[PDB]
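In this structure, vinblastine is found bound to Detyrosinated tubulin alpha-1B chain.
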Amino acid sequence: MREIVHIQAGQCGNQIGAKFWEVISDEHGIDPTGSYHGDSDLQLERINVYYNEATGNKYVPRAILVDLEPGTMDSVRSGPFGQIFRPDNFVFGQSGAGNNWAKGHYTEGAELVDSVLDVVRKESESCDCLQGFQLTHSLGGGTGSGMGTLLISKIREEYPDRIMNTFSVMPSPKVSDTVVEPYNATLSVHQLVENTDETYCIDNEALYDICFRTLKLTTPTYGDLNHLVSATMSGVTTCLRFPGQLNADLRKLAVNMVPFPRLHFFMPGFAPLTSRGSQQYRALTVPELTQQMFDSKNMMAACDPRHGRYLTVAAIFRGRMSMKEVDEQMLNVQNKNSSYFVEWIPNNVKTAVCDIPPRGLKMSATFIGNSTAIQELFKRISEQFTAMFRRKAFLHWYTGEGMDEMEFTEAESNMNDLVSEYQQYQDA
Amino acid sequence: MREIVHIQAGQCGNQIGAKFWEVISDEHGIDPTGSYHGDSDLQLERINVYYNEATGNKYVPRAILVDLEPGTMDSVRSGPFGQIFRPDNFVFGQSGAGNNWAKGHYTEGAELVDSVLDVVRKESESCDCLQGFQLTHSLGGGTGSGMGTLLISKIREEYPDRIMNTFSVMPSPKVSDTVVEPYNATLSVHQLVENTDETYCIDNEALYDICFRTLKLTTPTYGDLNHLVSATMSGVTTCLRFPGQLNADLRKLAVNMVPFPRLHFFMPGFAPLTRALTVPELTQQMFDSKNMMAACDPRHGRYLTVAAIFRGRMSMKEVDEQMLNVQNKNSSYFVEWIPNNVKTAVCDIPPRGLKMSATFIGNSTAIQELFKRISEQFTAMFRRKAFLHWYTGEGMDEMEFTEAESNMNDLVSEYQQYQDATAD
Amino acid sequence: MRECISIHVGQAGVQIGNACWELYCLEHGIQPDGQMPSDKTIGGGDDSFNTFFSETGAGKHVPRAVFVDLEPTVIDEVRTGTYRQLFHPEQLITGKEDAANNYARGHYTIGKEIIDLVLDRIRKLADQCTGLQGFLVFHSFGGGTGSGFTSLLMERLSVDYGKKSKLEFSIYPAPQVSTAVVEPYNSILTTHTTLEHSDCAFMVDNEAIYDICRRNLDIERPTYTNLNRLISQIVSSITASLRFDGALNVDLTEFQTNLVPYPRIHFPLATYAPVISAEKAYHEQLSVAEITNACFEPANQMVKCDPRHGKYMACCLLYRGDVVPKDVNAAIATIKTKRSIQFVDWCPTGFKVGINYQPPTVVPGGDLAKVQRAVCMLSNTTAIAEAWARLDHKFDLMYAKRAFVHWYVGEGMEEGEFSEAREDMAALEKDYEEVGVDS
Amino acid sequence: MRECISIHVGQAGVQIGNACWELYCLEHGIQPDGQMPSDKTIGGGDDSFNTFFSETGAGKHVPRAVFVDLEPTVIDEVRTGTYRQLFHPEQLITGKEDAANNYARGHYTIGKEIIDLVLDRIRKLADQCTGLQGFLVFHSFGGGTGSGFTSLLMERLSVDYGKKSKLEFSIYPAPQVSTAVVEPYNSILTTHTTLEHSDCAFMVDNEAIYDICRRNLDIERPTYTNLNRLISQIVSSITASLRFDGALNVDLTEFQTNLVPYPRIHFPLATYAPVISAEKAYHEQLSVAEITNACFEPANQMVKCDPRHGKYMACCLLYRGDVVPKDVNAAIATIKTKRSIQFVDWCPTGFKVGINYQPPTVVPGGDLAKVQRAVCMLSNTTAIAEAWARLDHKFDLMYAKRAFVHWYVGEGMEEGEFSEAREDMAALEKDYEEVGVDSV
Ligand SMILES: CC[C@]1(O)C[C@@H]2CN(CCc3c([nH]c4ccccc34)[C@@](C(=O)OC)(c3cc4c(cc3OC)N(C)[C@H]3[C@@](O)(C(=O)OC)[C@H](OC(C)=O)[C@]5(CC)C=CCN6CC[C@]43[C@@H]65)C2)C1
Ligand SMILES: Nc1nc2c(ncn2[C@@H]2O[C@H](COP(=O)(O)OP(=O)(O)OP(=O)(O)O)[C@@H](O)[C@H]2O)c(=O)[nH]1
Ligand SMILES: Nc1nc2c(ncn2[C@@H]2O[C@H](COP(=O)(O)OP(=O)(O)OP(=O)(O)O)[C@@H](O)[C@H]2O)c(=O)[nH]1
Ligand SMILES: Nc1nc2c(ncn2[C@@H]2O[C@H](COP(=O)(O)OP(=O)(O)O)[C@@H](O)[C@H]2O)c(=O)[nH]1
Ligand SMILES: Nc1nc2c(ncn2[C@@H]2O[C@H](COP(=O)(O)OP(=O)(O)O)[C@@H](O)[C@H]2O)c(=O)[nH]1
Ligand SMILES: [Ca+2]
Ligand SMILES: [Ca+2]
Ligand SMILES: [Mg+2]
Ligand SMILES: [Mg+2]
């Protein structure tokens, strides 16, 4: 069945994780109680990529919920689809991580990590043909950030030949005000560079801009931010969950999207941008979809694509629409911005269509780009980090947990290498 | 509770000792029979400090009376409140002292000191938490000055970590012509410097001058002087006897008042001396050389430390302001190298008769005038070896008299040395 | 009588293979359950059709074919399709995970664990042959299994059947329907490795089939099903001479003799005409002369190139239907003056011709109109080298930055095997250049 | 879980302790007998207020606190006061003889006789916690018990609980209500000894609180009762983050990650607003903007310094009441622009904000007005050193003539410890200067 094991860690990981499972459950015709209730057999054909089947013809998300504090879980458990998750798959502690990567990764996290791996291992021995794992987490905190990357490393050790995929929320001082977030983020990017096959960079800076500038939400909440993450996560996992010829599994996607091992950080995009609650009076024309998804304003990472070059792009259209017109409009976009795609990777734009649209939208499009402009995101973090690190400010929070400062120097170095390596290929 | 053990040795010691117990018993509402009959609970909150609560709800002064010649003791037992004292605490001799310090300290005094120590021990063991000791005596006679200091030294050995407080009456020719006084005073001051923690200098020269010039009582009697002493003693013990936050016990006083071990001789002051007067007037007078109970001009030295105590109903705001004015207006007379060295207590219960009163306790370098005047006299007699017979007679040596001479010279030198010192 | 075993590798091979066998059945009158009323010898035969179908004592005619794909989805269709009873489980081989569009994963990693199984199944069919002539191998250039596994198989088949012919049907990668950016890599790797092991390979460019479907069939967005039904028409035409009584291209060896003078230049261009929409309202039935002329129009080639700027080494005209020798010879002399047909000096300027009286069979419900006469031209022209040039230039573009190379090295391949495969293709381009350098 | 144990040391700590616990009871609806009718979870529970209140079988809510003093008369007031039934007798610990304003006596001579007992009573509280977070230590700088015994206790807590966090509420001495000439010696001695045992310390300058009570509350001659009541509203706002639950609330732990850049720089400056009399509150509704603009006025600060003549390393604004994010944003804007806020180059960001929708409260019989919203700003500024400076000067003025040191040595102390301290304090003054120096 080519199963995926889904792990969500920490507050952000579990909140965006839970909304993901709610969104795709609705799309696949599963209800809060785990019963199938759909009109199409197209929904059940690959249902096993994300869901396990029990007796009762019930579907249980192949999902592990991990946190170091007892809240959040309670929250998830009481959420609308709280009851679908397997109880034995809730793994949480009591200490918490205090937004401290060192606590998540080395001290508090280490006490809980072994019991997490049993449930991961439990879930994996059940799979007929395991693709690999996907993890949701933020990088600015401590559990999702610090413990999250520990889990990736330990899991890779047990399954070194499986795909490791993450949805990684990048911190922005527009959305939070905890001064150490750039420390946690830099430490986490270093890990992700070494230990994941594909990472979707979900940038809270762009989520803030979309909500505040484009959707005109003057008091944005994490609920608002997560509405976009879940729309984006349903979109980018469409090729895995429905019949299709392109990027239909994690490894085939990696071979199409990752030309060089370290350059596996994707810019997601979604169109139309919509705020929850509101209704769509007029859908958008395939032309409108296509123009928008390539527009800087629709990117989930706060980087201007025009400032770099695309190495590879995947585009996934959903809804009933002219396959002919999609082709025509995708060619127009490439022919119209042909200077923004590198010339030495021929035919590097690939297009998918899936007839099942997402809830509330008649037509949607999801953009997955491997663009060199992602360096602006890492440069932003890099600037914040050095402003503090050059004075060793707030370091005692980490050294007190046993970390040395040499380990900070390496994370900054690896991240500056990553930035310059993107710059290398931009001038090719 | 925090008990003080009161000891009065000698005529002066027992005279002002007796007047003291009358004034404070009255303030606390204790009658001659030990029964409380007062109107405010404030009178009883800290009554254990000076009184033992015996059964029958009777309060008995925690006071030991000592003398080498009865009668004075007899007059005290007959005087008002004489029956309030415990009969076992009367400890008196026969040989007397004959105004001879050597007789009080080395011979007659010593052969009776053991009898006193048993009473002190008994009184101390009864105490929940002994503060220390409080002795009243003169320095000119023989028992008070001579046996008094011997008694202190013996107490200090058994209670080395307790506070030793003394009300000491300095001799003035204006009031006594025993001629040998300057010997007994100097040998006494030599002892107080080493063995007491805090000493109030009650200078008979000041009491006479206040009764004569100020109170206008030509040819004044001991009863007149002791009205100023009793007033004064009541004043400087107010914060020990009523609830309060500042100098509420003998050790806290010593920590605020004694910056260097030997400089522990305090200048008492009282206002008004006895129409009613205001808080500004009260403040001005208490810092005026003419309201000092020691023959010393404070404009002739500098204050190391000062405690002020206002008693009565009045505006605390007014008190704070007036205190600041007087420190500022007189800034030159306070050492700058002790910041905020004037503390101020305000007990709302006035003494009997007055509506409000101020009490001054100064550690001023100008007190060297009192020691210099005694020293001048001492040398004006020891230089002729005059009357060295009364003292050598009892076996005392030549040196002793000289050591007290240079030792008190040093004290005057230290007060001067810190008066001249600067912050930069 | 000599048999032919068919080998279908990867999705392209299986779906195209599935297309061909249905059309073979409609041409020979074999029903989906394997019963062939026309067959009068029950349980045996040495008829022309027995070269592709064996027989059972129960009258079942089953394809002499083997399907192999590293993932089951595509082969499952065969197992549940409308012709499921034609095949028996032992000739349907699948794996667990595929080559992930990675030649190295198909050749080395996943290939090594299944090569001996596949060969075993093929051996089982082979032992049932009295005079096996060789194999027809269907596969894509671009997929991991089609490119990587095929090369392994081709090599093993040369070892275990050293004395057999090996024909290829190859799908050449076109952007309009490709699914991996790395297909040019896979294309050059598999070509380099299969080149020495394949006697004659028919290249079909998806681009060509895509536009023919659009232009001639009115198919707005051709699917694989559209592409594969047209491809089966071409494949069938090429193999028609093996399955019917006749005298041209009657055995695998004759394909190489007639079409392949040079071993390395073994890539004949196929041209098919006419392609007519079945949804059309009756059409001017074209003449022999007209469809023969159509063989020299680029728009009907299976690989877009321009045979005018190259040289022929061999040409085979295969007619199906209402065709008689006089009209063909009279069409040829006409074309030979109207069109520039320049053979290489060391070759006779001439055409081998084949007529099959049975007209083309069309799958009921397909897109192709039924016609009374059709022709497939097989021409070994140097013009086909244009497709190597295009392919190699894209390879060069990516390889210069080593883009995607790590995916192959991670599967145990060495970087050197890239520049080596590229060097062989560099040599192959020069061979075409030498053979066709008059102007 | 995540309980917090309160330790009130000496008169100031104890008197301040009374005011805070009274305020807490008013805030959570707890009566003087310990009953809380609005709490269903009887006998036990996991509610937010349980971080400061334990529960008995009978439904009593008992403060997680210990009162300690070397004399009995201040704590006797707690034993007999309105809230006497609130505390278990083992929580009120008293000796017989105090430190006499002498650090040496509280740390050594007298402290040694009662320290073991206090640690045992603390152990009994700790053992009732499911997840002890840390300690809150209230004490004066100037008293012998507040200074000498506190430092001893902090040393002993470091040994028995390791790195378990310790926050200090410290009364900085002021002449207007000081009770000992030696309070500078005690202040420097206690600050040196506790500096490495304390994670974060909130100083309250008695002169600053004195002045604010006179000016903003029109109290001619403020008492300790006036001060302790304003001092409590500050503690309640730093603790509300843990005693109450909400969506925009932030725990002190997150603020601390931002208010302590380096280990020794752990002294935040506190500002509260609005401090107004009912007489002036009537006809006046201080807006979120006005209150915030007040937290930057150099005269509404609980420690006398000019935040302007220095650089900020963090400004954390904890709001409470009718506050909504939108208004907070506008305010912070207006301020930044029309005001003097200079942050350091090594501090990306700089502001941390939070809202506790639990309304502010006032003790019946108080001198503060019931407002609908209030703000507490906790700022780490290089200007708090003006305080360490002033104090250090008084010390240097007396030590030179070695004044009053005979009292400290007579109890065992040595001149060395007096200099060892002046040096740590000179270092801290340098450390605060260096943290502001810009980068190269
Ligand atoms: C989607 C998650 C989010 O809801 C996004 C913001 C922050 N929090 C929610 C609550 C919130 C916000 N502001 C609050 C103020 C007090 C109490 C709570 C809040 C939030 C808002 O205004 O409601 C919609 C908000 C916050 C900020 C905010 C905007 C904002 O509203 C969108 N700003 C982006 C930053 C900010 O620092 C900034 O850089 O200016 C733009 C901003 O500065 C000003 C004066 O606007 C400000 C506002 C208090 C100042 C100091 C602290 N920083 C951190 C982030 C920032 C804030 C919204 C989480
Ligand atoms: N004409 C045609 N081309 C096809 C078909 N299937 C795939 N292709 C093309 O062949 C290439 C991909 O080869 P596949 O057959 O999908 O690969 P595979 O052999 O399954 O290999 P892996 O699955 O990667 O191991 C692309 O260029 C496709 O466009 C088909 O049915 N018909
Ligand atoms: N704000 C405030 N300061 C107080 C209070 N009580 C005492 N202080 C201050 O504390 C300092 C003296 O310490 P105290 O608390 O009185 O004494 P202690 O700590 O009990 O020590 P000892 O008296 O030696 O036993 C002075 O600066 C007082 O102003 C109070 O209730 N509030
Ligand atoms: N988009 C989004 N971001 C979140 C959410 N929750 C937290 N964050 C961000 O994640 C970071 C905090 O990480 P957190 O979840 O508390 O980490 P943890 O301590 O490991 O659980 C900050 O940068 C927040 O802005 C959420 O629901 N959605
Ligand atoms: N103020 C005051 N001084 C006194 C009193 N009796 C004696 N003196 C002084 O004390 C000195 C004599 O001390 P005296 O009582 O005879 O000492 P004793 O022999 O030890 O009892 C003289 O200088 C007197 O001035 C008294 O009742 N009041
Ligand atoms: Ca037959
Ligand atoms: Ca409860
Ligand atoms: Mg496949
Ligand atoms: Mg005290």
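Chains are designated A, B, ... according to the position of each sequence line. We're sticking with the PDB entry numbering for chain A, so the shown stretch reads 1-42, 45-360, 369-438, in order. We number chain B the same way the PDB entry does; the residues here are 1-42, 45-276, 284-360, 369-441, in that order. Numbers in chain C track the PDB entry; the residues on display, in order, are 1-439. Following the PDB entry, chain D shows residues 1-440, kept in their order. Per the header: X-ray crystallography, 3.2 Å. Whatever order the structure lists them in is the order used to number ligands and atoms, beginning at 1. Hydrogens, waters and symmetry mates play no part in the numbers below; they use all other heavy atoms, side chains included.
All instances of vinblastine together account for ligand 1. With a cut-off of 4.0 Å on heavy atoms, the other chains touching vinblastine (ligand 1) are A, D. This entry records no covalent bond between vinblastine (ligand 1) and any chain. The entry's source annotation for chain D reads Bos taurus. From vinblastine (ligand 1), the nearest residue that UniProt flags as active site in chain D, along with the heavy-atom distance to 1 Å, is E254(D), 10 Å. Using a 4.0 Å heavy-atom cut-off, no UniProt GTP-binding residue of chain D is near vinblastine (ligand 1). This deposit refers to chain A as Tubulin beta-2B chain. Looking around vinblastine (ligand 1), I see no other ligands or ions under 4.0 Å away.
Counting heavy atoms within 4.0 Å, the binding site of vinblastine (ligand 1) comprises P175(A), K176(A), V177(A), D179(A), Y210(A), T220(A), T221(A), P222(A), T223(A), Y224(A), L227(A), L248(D), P325(D), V328(D), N329(D), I332(D), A333(D), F351(D), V353(D), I355(D).
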